[PDB]
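Drug bound: naproxen. Macromolecule: Aldo-keto reductase family 1 member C3.
Numbers for residues simply follow the sequence, beginning at 1. Computed from heavy atoms alone, side chains included, the values below leave out hydrogens, waters and symmetry copies. In each ligand, atom 1 is the first atom listed, and ligand 1 is the first ligand listed.
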Amino acid sequence: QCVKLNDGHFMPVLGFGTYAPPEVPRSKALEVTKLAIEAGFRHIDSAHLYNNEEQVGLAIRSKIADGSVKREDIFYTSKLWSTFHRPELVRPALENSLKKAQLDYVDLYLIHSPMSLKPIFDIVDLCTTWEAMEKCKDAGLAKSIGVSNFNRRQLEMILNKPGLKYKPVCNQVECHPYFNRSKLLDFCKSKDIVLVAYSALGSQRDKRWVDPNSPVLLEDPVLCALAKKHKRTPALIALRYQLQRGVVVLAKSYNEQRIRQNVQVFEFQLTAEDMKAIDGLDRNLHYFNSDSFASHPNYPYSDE
Ligand SMILES: NC(=O)c1ccc[n+]([C@@H]2O[C@H](COP(=O)([O-])OP(=O)(O)OC[C@H]3O[C@@H](n4cnc5c(N)ncnc54)[C@H](OP(=O)(O)O)[C@@H]3O)[C@@H](O)[C@H]2O)c1
Ligand SMILES: COc1ccc2cc([C@H](C)C(=O)O)ccc2c1
């Protein structure tokens with residue numbers, strides 16, 4: 001199923017995460033995205049940063065051409081990188097992403113991060129950035145627009161902005177049972193903004209940002225015990241948890257069996273006591289925990 005965004009477009013509640021580290025050959029993105037779509041994923045999440053938009057766009061285009069899906073059946077997201085926050089760079093950045101994927105529009109374009117970087121931090125009025133995002137929606141380059149990695153104060157800046165034309169439709173943020181973002185989620189619901197969860201499975205645990213001493217979400221004993229009870233897997237439990245919270249949930253896998261397993265999130269339900277047990281895991285643990293972000297004046301996790 002899908003969720004009605006606050007601008008009237010619709011978003012599939014489960015999305016495919018397409019990020020892979022640079023040691024994974026770029027042709028895997030084409031292959032796995034084709035698998036995702038065959039498996040039943042209709043929401044595909046990419047970004048300028050992932051250096052995979054040609055491959056992902058080709059995968060979407062390949063599945064339109066062969067007859068499996070229609071463009072308007074696919075919800076494709078891309079993201080504005082933090083070196084392009086200056087308002088005059090926004091539209092050309094988006095048009096670059098589209099030429100790379102060879103598509104006419106993105107369903108969703110997001111400000112990837114509030115932590116501006118020089119075109120080595122930058123200072124930019126993100127309200128100016130949002131104005132340019134708005135014009136990309138008027139132009140039809142993006143059906144919807146939203147933000148990513150914003151905390152409550154940052155989201156409030158946009159929402160309170162003088163003569164705002166469009167609210168962000170979503171805020172895509174790290175969100176999983178160790179960092180469930182309850183309060184931020186409550187804020188979003190009260191504003192008709194969708195929370196989209198990334199690293200819903202614990203992240204890829206990339207050395208560049210994630211301490212390998214951190215606990216592995218999918219080895220959690222409460223997730224394991226729910227997986228045993230439901231006869232599913234800890235991944236499916238963590239994904240189903242989010243849908244029942246009203247959170248749209250991304251799942252990255254580059255494995256043919258796991259990609260298919262993840263669509264089974266629609267085949268079962270957790271009870272109220274399951275949801276409470278999982279809610280009890282929250283431990284203010286964000287996996288991305290890096291000097292590269294932490295020392296930024298607009299670091300989202302300062303207000304915690
Ligand atoms: N906006 C942002 O700044 C931001 C930040 C991070 C991520 N994202 C987006 O969100 C996407 C997903 O999050 P992520 O990349 O952090 O990874 P994730 O969805 O948390 O997944 C982490 C690991 O779980 C494994 N997995 C998938 N299904 C599984 C299953 N059924 N059982 C066991 N393991 C399973 C995958 O490994 P295998 O490939 O070996 O299956 C994956 O590497 C990203 O790809 C990207 O699209 C955005
Ligand atoms: C909290 O500010 C962040 C945190 C994590 C991030 C992760 C990523 C990766 C490359 C991603 O998958 O998008 C990018 C930007 C991010 C900004």
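Counting every copy, the structure places naproxen at ligand 2.
According to the PDB, the organism given as the origin of chain A is Homo sapiens. Of the protein's non-hydrogen atoms, the one nearest atom 17 (C) of naproxen is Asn149 ND2, 3.4 Å. In terms of polar-atom proximity, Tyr19 is not counted as a contact of naproxen, lacking any N or O under 3.5 Å from an N or O of the ligand. Between naproxen and the UniProt substrate-binding residues of chain A, heavy-atom distances under 4.0 Å are seen for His112. Ranking the protein heavy atoms by distance from atom 14 (C) of naproxen puts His112 NE2, 3.5 Å first.
Within the set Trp209, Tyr50, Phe150, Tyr198, the minimum heavy-atom distance to atom 5 (C) of naproxen is found for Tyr198. For chain A, a heavy atom less than 4.0 Å from naproxen occurs in the following UniProt NADP(+)-binding residues: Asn149, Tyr198. For chain A, the active-site residue flagged by UniProt that comes closest to naproxen, at the heavy-atom distance given to 1 Å, is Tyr50, 3 Å. Binding site of naproxen at 4.0 Å, heavy atoms: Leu49, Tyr50, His112, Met115, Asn149, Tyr198, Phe288, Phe293, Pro300, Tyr301.
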If you look at each N/O of naproxen, which protein N/O atoms lie under 3.5 Å away, and at what distance?
residue, atom, partner, partner atom, Å
naproxen, 12 (O), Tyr50, OH, 3.2
naproxen, 13 (O), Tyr50, OH, 2.6
naproxen, 13 (O), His112, NE2, 2.9

